[PDB]
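Structure first, then comments.
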Amino acid sequence: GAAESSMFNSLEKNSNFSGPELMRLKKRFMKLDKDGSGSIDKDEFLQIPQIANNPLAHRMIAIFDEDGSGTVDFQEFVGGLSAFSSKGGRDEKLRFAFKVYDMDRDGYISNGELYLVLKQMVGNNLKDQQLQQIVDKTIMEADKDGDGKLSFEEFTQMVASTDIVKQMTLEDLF
Amino acid sequence: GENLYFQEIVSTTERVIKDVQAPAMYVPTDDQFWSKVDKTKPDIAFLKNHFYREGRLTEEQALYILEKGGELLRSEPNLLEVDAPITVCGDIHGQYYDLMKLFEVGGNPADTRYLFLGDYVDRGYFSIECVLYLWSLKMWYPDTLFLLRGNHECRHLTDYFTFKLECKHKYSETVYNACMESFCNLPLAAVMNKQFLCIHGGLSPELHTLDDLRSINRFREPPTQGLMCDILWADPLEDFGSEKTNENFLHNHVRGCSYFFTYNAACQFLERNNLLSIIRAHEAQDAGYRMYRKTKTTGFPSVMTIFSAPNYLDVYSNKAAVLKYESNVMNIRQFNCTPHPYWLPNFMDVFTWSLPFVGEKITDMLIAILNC
Amino acid sequence: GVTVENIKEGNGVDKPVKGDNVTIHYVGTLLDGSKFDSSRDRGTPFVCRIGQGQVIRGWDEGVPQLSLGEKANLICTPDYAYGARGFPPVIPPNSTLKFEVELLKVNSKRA
Ligand SMILES: C=CC[C@@H]1/C=C(\C)C[C@H](C)C[C@H](OC)[C@H]2O[C@@](O)(C(=O)C(=O)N3CCCC[C@H]3C(=O)O[C@H](/C(C)=C/[C@@H]3CC[C@@H](O)[C@H](OC)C3)[C@H](C)[C@@H](O)CC1=O)[C@H](C)C[C@@H]2OC
Ligand SMILES: [Ca+2]
Ligand SMILES: [Ca+2]
Ligand SMILES: [Ca+2]
Ligand SMILES: [Ca+2]
Ligand SMILES: [Fe+3]
Ligand SMILES: [Zn+2]
């Protein structure tokens with residue numbers, strides 16, 4: 001099929017996967033797409049077990065939707081998984097973490113963005129005043145151009161101590 | 001362009017919780033730092049609020065405070081001879097915002113004479129503020145404010161606990177090494193009104209007369225054992241006054257070093273050196289202070305413990321205390337804690353704190369997708 | 001893997017099970033007694049769904065051994081805490097943790 005052939009060789013060049021792996025991803029991709037619509041809906045995602053009771057479910061789906069159509073097609077499904085490849089680069093894994101706190105996808109992390117994302121994960125275990133304070137100090141220490149917002153470079157120069165490669169990798173998968 | 005509003009609504013484009021003050025983003029200028037009355041000393045009125053708002057100084061500014069205070073402490077002898085009236089304070093342990101209520105309870109340093117027994121750092125996450133404040137205070141009142149050395153004013157415990165991490169975080173290691181060399185100039189003891197020996201820890205089997213304190217070379221780090229160690233580490237025995245042993249000293253298996261001293265040990269020291277009591281700190285008291293057994297010769301408590309850190313470690317929920325002493329009357333005032341801003345454990349920024357949970361849960365879902 | 005030392009008695013009737021929502025105040029100390037974190041620092045008890053992998057194995061197996069209102073000492077070996085990796089800035093590798101916990105609430109039943 002000339003149609004599917006163009007999307008296949010394209011993903012084989014951009015993704016950190018190989019041809020044989022992309023066939024297995026297409027298998028599970030169709031295993032979730034229960035209505036055969038060629039994409040995955042939010043109700044189709046939350047239909048999985050571990051995904052439903054997960055505080056980062058809505059964040060993961062949003063990052064996968066690179067265009068923002070409420071659906072995850074195969075090109076997006078492969079793009080989101082490529083960052084977690086054992087053969088994947090360090091910069092690729094850091095960008096997925098950055099997008100977790102960048103809700104509006106404007107390339108910067110703001111005071112409100114940081115507070116809202118954390119409060120969702122934290123809950124009531126931190127007082128609202130306590131989370132706002134630790135967000136205030138985190139930004140001012142990471143900001144170096146006085147914009148009051150955190151760019152990707154300022155985010156990397158702060159999580160350098162953290163080993164994200166171990167956090168953001170699957171290895172045995174695929 | 002994407003613009004998100006969350007439901008009374010709020011957007012990501014502004015601070016969500018507004019009632020909480022934001023930190024001091026800007027290091028002070030030369031007009032703010034230097035006093036208008038004396039050009040060689042910092043402005044206490046500015047520093048107090050600047051540190052209250054979680055502000056920070058230049059590296060040059062912090063170093064000047066530690067070196068100019070260190071020159072004052074070095075000139076002072078090992079054994080101070082302070083005079084009444086005076087306010088004696090216990091441990092503060094990096095609790096800067098309680099140090100503010102301490103000075104309201106004890107008195108304004110311009111009108112009052114102070115004696116701190118050390119332990120200004122560690123545990124609390126505002127330790128460099130207490131130091132840079134009190135060191136600045138020493139510059140303004142070197143004849144009326146006296147600071148002593150606790151077991152935490154060294155390289156040993158600051159590296160083992162939180163103070164070395166704080167200096168590395170809020171300033172630099174150059175400040176830390178400047179802070180440690182400044183601590184070595186702190187006097188070790190004090191004789192208040194020719195009646196009370198004032199130390200941090202307690203007595204020692206090498207401490208016999210006050211002349212033994214005068215012979216110490218205090219310009220080093222506290223050793224593993226000996227006089228200079230036990231001065232900062234010794235505790236009274238648990239059953240003090242009610243002891244079941246005729247021993248004068250016993251090994252301190254609680255601290256791991258130095259000794260316990262007993263009632264008979266304290267009384268012998270007071271009787272040989274014509275002293276009325278021993279005023280020390282070290283041990284956190286749930287009531288802020290503690291009176292030990294009265295001497296058989298004078299009826300005055302042999303040892304007094306004074307603790308000035310309220311709600312120690314934010315879990316103890318204890319009281320603090322200061323010793324407002326005059327010869328006619330001895331008044332021990334107690335105060336309660338004051339809210340302080342929140343810090344994650346070990347000064348963690350938000351991302352180091354949250355990424356492991358993100359890296360786990362995001363990974364949990366990806367694995368669940370690969371096994372449908 | 002985890003040992004439960006009783007400080008104060010509980011009611012001995014209301015014990016958490018897998019799926020229950022517990023509310024616990026705690027204070028975490030290393031073997032050397034130096035504290036690393038405490039919910040009492042934040043003046044708010046810690047809540048979680050016990051027995052579902054949401055917290056470390058020392059908690060997911062020790063909280064069921066408690067009763068409502070009981071003060072306890074959860075002493076977790078590294079294999080039941082954070083392991084040979086530890087927490088990068090807080091919990092050193094191969095650390096044995098001690099959580100002094102107080103089961104304030106199970107589900108919605110207050111103590
Ligand atoms: C902002 C989002 C993060 C989110 C943070 C909160 C909800 C605030 C909450 C009070 C955590 C504290 O924040 C001040 C702080 O509490 C500690 O100090 C602590 O006393 C501790 O040991 N606790 C907390 C009380 C329950 C037991 C244990 C825990 O199970 O903690 C859990 C934990 C870290 C599990 C890791 C996850 C990574 C795996 O790799 C690892 O597997 C080995 C196990 C916590 C509850 C996570 O489920 C949820 C989070 O992490 C940790 C020393 C470090 C931790 O900061 C993270
Ligand atoms: Ca679909
Ligand atoms: Ca799409
Ligand atoms: Ca943004
Ligand atoms: Ca910036
Ligand atoms: Fe102390
Ligand atoms: Zn001490």
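Throughout, a chain's letter reflects where its sequence line sits, starting with A, and its residues are numbered from 1. Counting starts at 1 for both ligands and their atoms, in listed order. Technique stated in the header: X-ray crystallography, 3.3 Å.
The drug at ligand 1, chosen from lopinavir, tacrolimus, emodepside, lividomycin, is tacrolimus. For tacrolimus, the chief contact partner in this model is given in UniProt as FK506-binding protein 1. In contact with tacrolimus at heavy-atom distances under 4.0 Å, by letter: A, B, C. As listed in the entry, the molecule name for chain A is Calcineurin subunit B.
Counting residues of chain C in contact with tacrolimus, the top UniProt domain is PPIase FKBP-type. Binding site of tacrolimus, heavy atoms within 4.0 Å: A:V122, B:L344, B:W353, B:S354, B:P356, B:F357, B:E360, C:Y26, C:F36, C:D37, C:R42, C:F46, C:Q54, C:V55, C:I56, C:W59, C:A81, C:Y82, C:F87, C:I91, C:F99.
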